[PDB]
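Entry overview - Integrase with raltegravir in place.
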Amino acid sequence: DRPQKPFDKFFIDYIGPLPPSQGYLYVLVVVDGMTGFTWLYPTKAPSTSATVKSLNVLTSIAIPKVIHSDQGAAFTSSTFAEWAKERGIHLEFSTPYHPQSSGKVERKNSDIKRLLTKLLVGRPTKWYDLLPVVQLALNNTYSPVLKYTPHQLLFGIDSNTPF
Amino acid sequence: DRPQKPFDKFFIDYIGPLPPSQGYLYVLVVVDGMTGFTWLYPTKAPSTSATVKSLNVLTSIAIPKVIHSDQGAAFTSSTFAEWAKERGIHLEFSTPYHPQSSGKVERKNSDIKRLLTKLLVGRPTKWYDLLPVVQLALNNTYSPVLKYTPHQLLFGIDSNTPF
Amino acid sequence: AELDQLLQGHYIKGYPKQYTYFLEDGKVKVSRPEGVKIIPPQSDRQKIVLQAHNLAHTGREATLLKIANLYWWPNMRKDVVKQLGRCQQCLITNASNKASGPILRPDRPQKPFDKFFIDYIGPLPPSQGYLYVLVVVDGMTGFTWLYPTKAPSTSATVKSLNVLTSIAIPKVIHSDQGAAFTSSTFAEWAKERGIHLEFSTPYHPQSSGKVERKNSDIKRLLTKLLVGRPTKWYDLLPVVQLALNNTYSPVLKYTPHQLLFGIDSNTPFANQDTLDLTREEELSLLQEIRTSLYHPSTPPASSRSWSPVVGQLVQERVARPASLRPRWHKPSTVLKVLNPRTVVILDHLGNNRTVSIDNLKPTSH
Amino acid sequence: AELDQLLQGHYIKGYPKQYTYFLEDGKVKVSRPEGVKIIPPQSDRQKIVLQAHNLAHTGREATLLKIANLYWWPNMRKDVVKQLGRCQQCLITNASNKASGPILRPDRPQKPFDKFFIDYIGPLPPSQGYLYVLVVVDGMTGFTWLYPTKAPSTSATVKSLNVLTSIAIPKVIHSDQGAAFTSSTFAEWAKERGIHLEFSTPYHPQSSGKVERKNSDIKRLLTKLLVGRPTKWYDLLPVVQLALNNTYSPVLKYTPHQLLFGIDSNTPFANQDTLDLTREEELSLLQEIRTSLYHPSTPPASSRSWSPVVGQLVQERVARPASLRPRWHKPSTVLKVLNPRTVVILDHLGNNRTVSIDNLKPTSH
DNA sequence: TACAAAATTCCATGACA
DNA sequence: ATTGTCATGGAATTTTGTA
DNA sequence: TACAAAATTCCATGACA
DNA sequence: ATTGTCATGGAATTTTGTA
Ligand SMILES: Cc1nnc(C(=O)NC(C)(C)c2nc(C(=O)NCc3ccc(F)cc3)c(O)c(=O)n2C)o1
Ligand SMILES: Cc1nnc(C(=O)NC(C)(C)c2nc(C(=O)NCc3ccc(F)cc3)c(O)c(=O)n2C)o1
Ligand SMILES: [Mn+2]
Ligand SMILES: [Mn+2]
Ligand SMILES: [Mn+2]
Ligand SMILES: [Mn+2]
Ligand SMILES: [Mn+2]
Ligand SMILES: [Mn+2]
Ligand SMILES: [N+]
Ligand SMILES: [N+]
Ligand SMILES: [Zn+2]
Ligand SMILES: [Zn+2]
């Protein structure tokens with residue numbers, strides 16, 4: 001077939017609820033299918049509404065052909081369904097309770113959860129201001145395959161913040 | 001000697017008092033010795049002070065080498081005397097009661113007095129607004145010698161308001 | 001549609017043979033040097049160009065470059081340009097890439113008092129309760145009269161000019177379309193005296209340029225006289241007036257005063273050269289000088305300039321554009337061409353307007 | 001004095017024989033082609049030139065022309081020019097007649113995130129309580145981020161940039177010396193992240209020119225999207241951002257987005273050309289394109305330009321000149337020449353200032 | 001070894017407080 | 001201690017489809 | 001049928017809200 | 001129905017005092 005590329009598919013999910021920081025409670029996690037590049041968006045609820053506001057931000061930069069997600073209320077709603085049709089994004093759903101997504105993504109998706117709990121504890125209340133640092137760390141971290149940071153795969157150059 | 005020229009000598013005198021117009025009472029009359037060109041300045045008193053204010057206006061246009069006048073208090077004062085030295089104007093005085101000035105000037109100086117009384121009567125109160133019209137008429141009036149208007153002698157061209 | 005024939009190997013105007021034209025997914029595709037592109041049916045193509053353009057309201061090349069990605073047909077640009085002409089938005093917002101023609105250098109008035117140019121300077125710092133200066137310049141000689149005023153008003157302009165015209169009356173007064181000179185009260189004052197009023201085109205100070213250029217010299221000399229001191233200009237005006245009227249133009253080798261009177265008054269460094277001539281001899285020598293004065297010619301056209309042709313699609317710049325709103329008015333037509341630099345246009349919509357090219361752009365396309 | 005000898009027929013350096021030099025009224029007069037002029041004793045001549053000049057603070061030719069009327073001596077102008085150099089007034093008020101040198105065209109940053117350029121737009125009409133836009137442009141790609149703010153403030157700039165640097169961290173941020181970016185709070189925010197701050201010379205937007213030029217394109221497209229409608233720009237920003245980041249530069253034949261990512265996202269008219277290459281092949285093809293980009297050269301010097309030499313008498317333009325006050329500061333000296341267009345000067349008096357030639361005039365004389 | 005006309009490239013002009 | 005930029009649309013130059 | 005250097009003229013640059 | 005102007009100071013060109 002045609003070899004895989006950035007923006008081909010975006011995997012999204014909600015982490016939460018978390019201890020309140022700046023009155024936020026949830027993190028919407030967007031990983032790019034091919035590169036493993038990650039975006040993190042703090043939200044006040046795992047709602048279609050907050051999803052749209054968040055994804056509006058991301059889609060000012062780039063628009064994926066496909067979004068994959070679990071059948072959570074937020075993504076199954078008809079409003080989200082319409083939002084995506086407007087922007088010409090095809091929506092893709094895992095079947096209930098059997099969350100199929102990429103080998104590479106599962107791992108990255110695991111790392112986030114560990115890395116969140118890790119630096120969450122000790123300052124469980126101030127994780128909002130840390131999200132930039134986290135995102136930066138994740139995206140500039142060498143994958144065992146490729147020996148490339150997601151950053152490198154997306155931009156084809158080196159970041160000025162290595163790990 | 002050297003033939004006579006505009007700005008060579010300015011003859012000045014006060015006409016007044018007149019019926020009040022716009023709260024003015026006197027007319028300071030300045031005729032140019034060679035051309036016969038006339039300026040008229042309304043004043044509130046035949047004083048050095050009002051003379052200076054008036055002549056400051058005229059001397060923004062041109063400065064005569066000489067000013068001739070009667071020995072009236074206004075021109076004999078030391079303030080006027082200093083005013084003239086500052087501007088490098090030599091002052092010239094007729095002897096008391098024997099007012100020697102130019103043949104051409106005496107006539108022009110007569111015309112003004114007639115022309116003032118003439119259009120003064122009938123509107124003795126509104127002669128201020130008329131001073132432009134008078135000045136214009138006088139200066140654009142053919143002298144029997146030269147067959148030139150003072151205007152012509154000063155500017156060496158025709159005015160767009162003949163008489 | 002008409003694309004039917006082509007898949008079957010038969011020729012069409014444009015559509016050059018040698019490329020194989022095939023079918024995929026019910027679309028008519030074509031193999032080209034650039035790659036394999038889709039060919040839309042005639043009826044879809046306007047809709048396509050518009051969609052591409054409306055992304056960022058891009059020009060010819062920018063628009064075509066998007067379309068090139070997906071599609072091909074014959075004479076692509078011809079179609080794109082057809083759209084750029086109809087985008088009401090792009091036409092009234094984009095700036096011009098065409099400079100206006102070379103300026104004109106109208107001739108010196110022939111006689112002093114043939115034409116006065118007037119303008120107001122200000123507001124300034126308050127001196128003695130006055131805020132503005134009325135500057136009057138004689139077009140021929142460059143001789144200048146200054147008058148302090150409290151406001152740039154018709155009433156005060158009249159007061160000032162009544163004094164000035166005590167000396168002589170001009171044929172014509174040229175002014176900008178400032179409130180003070182356009183008023184009916186002024187217009188009549190002027191008709192009362194048989195003086196023709198003449199106005200420069202809207203928002204083009206360059207037309208009142210003979211006065212404007214005197215304004216420069218006024219402000220400059222006042223500035224110089226006020227270094228250190230508090231800005232007390234009122235009492236300085238006379239001095240400036242005199243100083244400036246007796247200043248040599250290096251090009252003419254003559255002070256305005258000289259051109260007005262033909263002799264220097266009792267000024268510092270008064271030139272004596274004509275001391276031996278009768279007034280008469282002198283007066284005609286002056287009359288000579290006035291005609292033999294240096295007069296500039298118009299400059300070469302800039303390489304990408306334009307000139308106004310009768311019946312041309314032409315647009316006027318907005319007066320005081322609001323924040324984020326179009327810098328140009330809708331298209332309008334050239335009615336008459338007064339000179340290669342002044343035009344009458346049927347505007348919005350529609351009144352005859354006299355306008356300077358500098359406030360115009362040619363509608364492109 | 002020394003003029004004694006001359007009346008007696010003996011020669012002096014200058015003072016050319018063939019003219020008869022006589023005495024009248026205890027002054028030394030001379031018959032010349034131009035006419036009969038007075039020759040002042042050496043010790044009077046400065047006093048003379050100054051008197052003439054101080055009439056209207058006139059330049060070389062204008063001053064000389066007054067003096068010519070009454071006087072003559074050898075090398076008149078040399079003396080006049082000696083004065084024009086010492087008139088503190090003329091030096092700080094007169095404008096320059098020398099254009100600055102040809103501009104420089106610094107090289108494209110090599111990599112994306114090598115250098116960000118930032119600037120604030122505004123104030124605008126209020127939408128949703130916001131008044132300004134923070135525009136961030138990547139120097140290499142031209143890729144642009146937009147952020148609505150309520151004030152052009154350090155605090156809000158930090159908030160915005162924290163979001164942006166979530167994606168990546170730049171080496172260098174270039175900004176104008178606006179209050180928001182010069183503040184100590186910002187300087188530290190930047191040091192915290194190992195980002196070098198760099199500022200353009202005072203009052204020279206052209207230096208932040210890469211952002212400024214994006215501002216144009218932003219305001220233009222917003223204007224176009226708001227014709228008819230009330231100015232509700234807040235919700236439009238995203239669209240503009242996208243639209244502009246995916247617009248082809250006709251010169252490069254590439255959208256910023258392309259230069260940043262090497263592939264088009266799920267945008268309208270997304271270019272497919274590289275659909276067959278692995279990410280890797282594609283990624284290095286991109287790395288090639290970036291280096292082979294079109295880069296402009298500096299333009300020819302204008303025929304009457306100047307360049308800054310070390311130890312030159314040079315003057316800085318006034319910040320916000322008051323009404324009727326000098327448009328230039330007192331003379332100051334060129335300390336170092338950073339490039340043919342940027343200078344360090346010991347000013348008033350004295351601190352090292354880094355300045356652009358465009359804000360300088362060479363002291364004349 | 002050549003044409004007319006399309007397709008491309010050139011580049012002055014203007015505007016970003 | 002730092003430094004102009006580049007969409008735009010006619011003109012001008014090059015490439016193209018056919019001999 | 002001539003020189004160096006003064007004296008003149010040329011003219012781009014900038015600014016008049 | 002109206003329209004750019006011109007001081008300024010280096011450069012460039014011409015004239016000048018002497019052979
Ligand atoms: C109708 C109508 N409504 N408004 C205008 C109008 O022209 N308004 C402006 C603000 C531009 C203006 N400017 C100047 C002036 O001298 N400006 C500076 C300048 C001088 C010379 C040069 F070449 C360029 C600029 C005025 O004197 C003046 O009165 N006005 C009104 O016309
Ligand atoms: C220190 C210091 N204090 N004040 C300044 C300063 O520069 N102030 C001005 C008002 C001139 C300014 N202007 C722009 C701008 O973009 N102007 C328009 C433009 C853009 C490009 C081009 F080539 C010409 C003009 C800004 O963004 C800006 O922030 N400022 C402050 O610096
Ligand atoms: Mn979930
Ligand atoms: Mn008396
Ligand atoms: Mn005005
Ligand atoms: Mn004006
Ligand atoms: Mn700024
Ligand atoms: Mn700016
Ligand atoms: N004319
Ligand atoms: N550079
Ligand atoms: Zn458009
Ligand atoms: Zn001076």
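Numbered from 1 within each chain, the chains take letters A, B, ... in sequence-line order. Numbering of ligands and ligand atoms starts at 1, following listing order. Per deposition record, X-ray crystallography, 3.2 Å.
- Mapped onto the model, all copies of raltegravir cover ligands 1 and 2.
- Other chains near raltegravir (ligand 2) (heavy atoms under 4.0 Å), by letter: D, E, F.
- Defined by non-hydrogen atoms within 4.0 Å, the binding site of raltegravir (ligand 2) is D:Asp119, D:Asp176, D:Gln177, D:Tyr203, D:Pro205, D:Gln206, D:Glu212, E:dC16, E:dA17, F:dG4.
- Residue counts put most contacts of chain D with raltegravir (ligand 2) in the UniProt domain Integrase catalytic.
- Filtering the residues that UniProt lists as binding Mg(2+) in chain D by heavy-atom distance under 4.0 Å from raltegravir (ligand 2) yields D:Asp176.
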